[PDB]
Visitor: 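Consider the following structure, which includes amiloride.
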Amino acid sequence: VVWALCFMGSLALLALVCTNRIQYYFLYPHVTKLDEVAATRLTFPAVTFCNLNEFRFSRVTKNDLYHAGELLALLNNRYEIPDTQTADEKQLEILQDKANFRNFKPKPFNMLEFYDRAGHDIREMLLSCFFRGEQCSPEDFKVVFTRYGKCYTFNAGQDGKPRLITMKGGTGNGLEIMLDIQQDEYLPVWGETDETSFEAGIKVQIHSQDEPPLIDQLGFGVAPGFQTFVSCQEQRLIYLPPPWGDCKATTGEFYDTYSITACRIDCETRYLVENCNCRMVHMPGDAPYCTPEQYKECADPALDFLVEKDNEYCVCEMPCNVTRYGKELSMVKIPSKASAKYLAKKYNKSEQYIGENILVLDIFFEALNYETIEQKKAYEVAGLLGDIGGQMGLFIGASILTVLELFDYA
Amino acid sequence: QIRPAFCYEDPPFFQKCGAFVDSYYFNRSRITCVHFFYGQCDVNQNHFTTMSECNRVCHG
Amino acid sequence: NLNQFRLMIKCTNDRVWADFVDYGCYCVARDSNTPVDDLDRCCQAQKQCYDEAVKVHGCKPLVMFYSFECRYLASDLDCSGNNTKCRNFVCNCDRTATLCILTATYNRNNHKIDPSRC
Ligand SMILES: N=C(N)NC(=O)c1nc(Cl)c(N)nc1N
Ligand SMILES: N=C(N)NC(=O)c1nc(Cl)c(N)nc1N
Ligand SMILES: N=C(N)NC(=O)c1nc(Cl)c(N)nc1N
Ligand SMILES: *[C@@H]1O[C@H](CO)[C@@H](O)[C@H](O)[C@H]1NC(C)=O
Ligand SMILES: *[C@@H]1O[C@H](CO)[C@@H](O)[C@H](O)[C@H]1NC(C)=O
Ligand SMILES: [Cl-]
Ligand code: NA
Ligand code: NA
Ligand code: NA
């Protein structure tokens, strides 16, 4: 009888091991698997850029200045050129005249229309553009409005345009653009607002076509007076949805592929509508566009707060698919002394102008292979069963046969 | 005191102690309840199986 | 602005914002001379608060944004996170008024009434 005690004494211990394995399975654990994937091709990403200056000086009209002057620190709250004028001679004269509102009658005004008309024009900025040996043009850039205003996306892959592709590492197989940032067109800076900057240049974001830019937060800078090389590495991150993980596949609201940025732009929009009863002109939805006074009084502070300071309003669920681009930047000078005169003549500018306004930007991949990092289910059904039946043989000597035998017996 | 004090606690975002499931927590910045994925780390009680429940108990 | 006020109220009160929107004389942020009761007296000191905000500090309490933290205790409702006098001041006008609302009692018959009474 000592045996039947020992047999069910080994059976008890088997039950414990088995419930452990079952409890583990119902945690739905995951592990992370790293891999390097060699490729014959890569989809070239989308490339969004913005001039750091939001409004062309030569495009600001009396009416513009009337509605938006205070926003841009060109006017005080009395609609007057402030005596804190940190301006040269000619520009003050132009602005004084433009600010003469005596017997002026205000016409309708809209910030979106104002960005669209006054913002820098890709057709003037783009001195040249090449992708993989092929010449590209302003028609290859899609307009996208952002917090910086009127911006441009290369290779947006929208409106049925196919996504461009790279097939080798290195500079020849990417994008090269020459731009004129047009500093003579920069708005005089007479104060500090969210729409003005102390800086000259562009902001750039390299991103998947399935995600909108968030260029004020996640871009990188590029300076005039240099050729900048940006050597990229693609990394693909894959997460599991529930019950294994907490990644979110799609959103059934403003954007139809889910990404952190889509999430943040949704939140920001809901937050502005909720707190200001208006949206900024780059945000999606139906709500009215904030007036310049609303930008100044409510929308700029609310968005600044939400980004910088709020800790709970927006907390975005991780997306199941994330494409990320590691980047190595470096710079050389443009123009050389030997090329300044040539560039000056070619674009009808002085050499000083070329030196202050021209930049070249090269974006390309180091190598074609991309890295993948993936959450894998760590203990599926097949693994649970084969583990249970392996513990049988360890505790009892039980088997798939030994088990079928006890149905013949019973 | 209009809503319980646990309503103001952060839910355990991204923390896994088991299976992830749809849940709802009170967001003290929106002042309303919001969907999230709960992974069984019972760190506090700011998590509900349904939106209405969360809105009933914590909305006020 | 009134979106923040409305949220401050929700932070501390289950009474739907509608019931305050046109109630009495002053609710919400409307002018008059004689308040109908205690609740309407809250709005009064609130309207009185905006009017000082405007005239002394140059705030635009009906347009401007401010932030606030909703806490467990209505009393603990916090305005200290604001980074300017105006945002500080107007946040406090709204904090004062939402607390006052908690003291005062609400007569549905003083809600959306005839203009003659004020
Ligand atoms: N001219 C100013 N007053 N600027 C700021 O106040 C400010 N700027 C920046 Cl960039 C910031 N992150 N927070 C701020 N409060
Ligand atoms: N990002 C921010 N937090 N900015 C400010 O706080 C701020 N900025 C500017 Cl530019 C300004 N004129 N006043 C401010 N209070
Ligand atoms: N711990 C493990 N690695 N188990 C298995 O690999 C496994 N075993 C068995 Cl017996 C099976 N049928 N399927 C499996 N996936
Ligand atoms: C999501 O990941 C899968 C697996 O790698 C991939 O096939 C798919 O293209 C990804 N989704 C997107 C939108 O890229
Ligand atoms: C170039 O020089 C200035 C630039 O505006 C202009 O006045 C002039 O007409 C231009 N000439 C040509 C040939 O483009
Ligand atoms: Cl955000
Ligand atoms: Na284990
Ligand atoms: Na700024
Ligand atoms: Na708040």
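Chain A is the first sequence line, chain B the second, and so forth, proteins listed ahead of strands; every chain is numbered from 1. Determined by X-ray crystallography, 2.3 Å, according to the entry header. When a ligand or atom number is given, it counts from 1 through the structure's own listing order. Basis for what follows: all heavy atoms, side chains included, without hydrogens, waters or symmetry-related copies.
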Visitor: For amiloride, what are all the matching ligand numbers or chain letters?
Guide: ligands 1, 2 and 3
Visitor: So, counting contacts under 4.5 Å, which chain has the most with amiloride (ligand 2)? Name it the way the PDB entry does.
Guide: Acid-sensing ion channel 1
Visitor: Could you give me the letters of the other chains with a heavy atom under 4.0 Å from amiloride (ligand 2)? Thanks!
Guide: A, C
Visitor: I need the residues around amiloride (ligand 2) for my notes - heavy atoms within 4.0 Å, please.
Guide: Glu192(A), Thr193(A), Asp194(A), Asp304(A), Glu308(A), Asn83(C), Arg87(C)
Visitor: Which species does the entry list for chain A?
Guide: Gallus gallus
Visitor: Among protein heavy atoms, which lies nearest atom 6 (O) of amiloride (ligand 2), and at what distance?
Guide: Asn83(C) ND2, 3.1 Å
Visitor: Return the name the entry uses for chain C.
Guide: Basic phospholipase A2 homolog Tx-beta
Visitor: Give me the residue, atom name and distance of the protein heavy atom closest to atom 8 (N) of amiloride (ligand 2).
Guide: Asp194(A) OD1, 4.1 Å
Visitor: Could an N or O of amiloride (ligand 2) be found under 3.5 Å from any N or O of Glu308(A), whether backbone or side chain?
Guide: yes
Visitor: Does the protein put any heavy atom within less than 4.0 Å of atom 2 (C) of amiloride (ligand 2)?
Guide: yes
Visitor: TM segments of chain A, numbered as in UniProt from the N terminus: which have a heavy atom under 4.0 Å from amiloride (ligand 2)?
Guide: none
Visitor: Purely on distance, is any nitrogen or oxygen of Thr84(C) under 3.5 Å from one on amiloride (ligand 2)?
Guide: no
Visitor: Give the residue, atom name and distance (to 0.1 Å) of the protein heavy atom nearest atom 12 (N) of amiloride (ligand 2).
Guide: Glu192(A) O, 2.8 Å
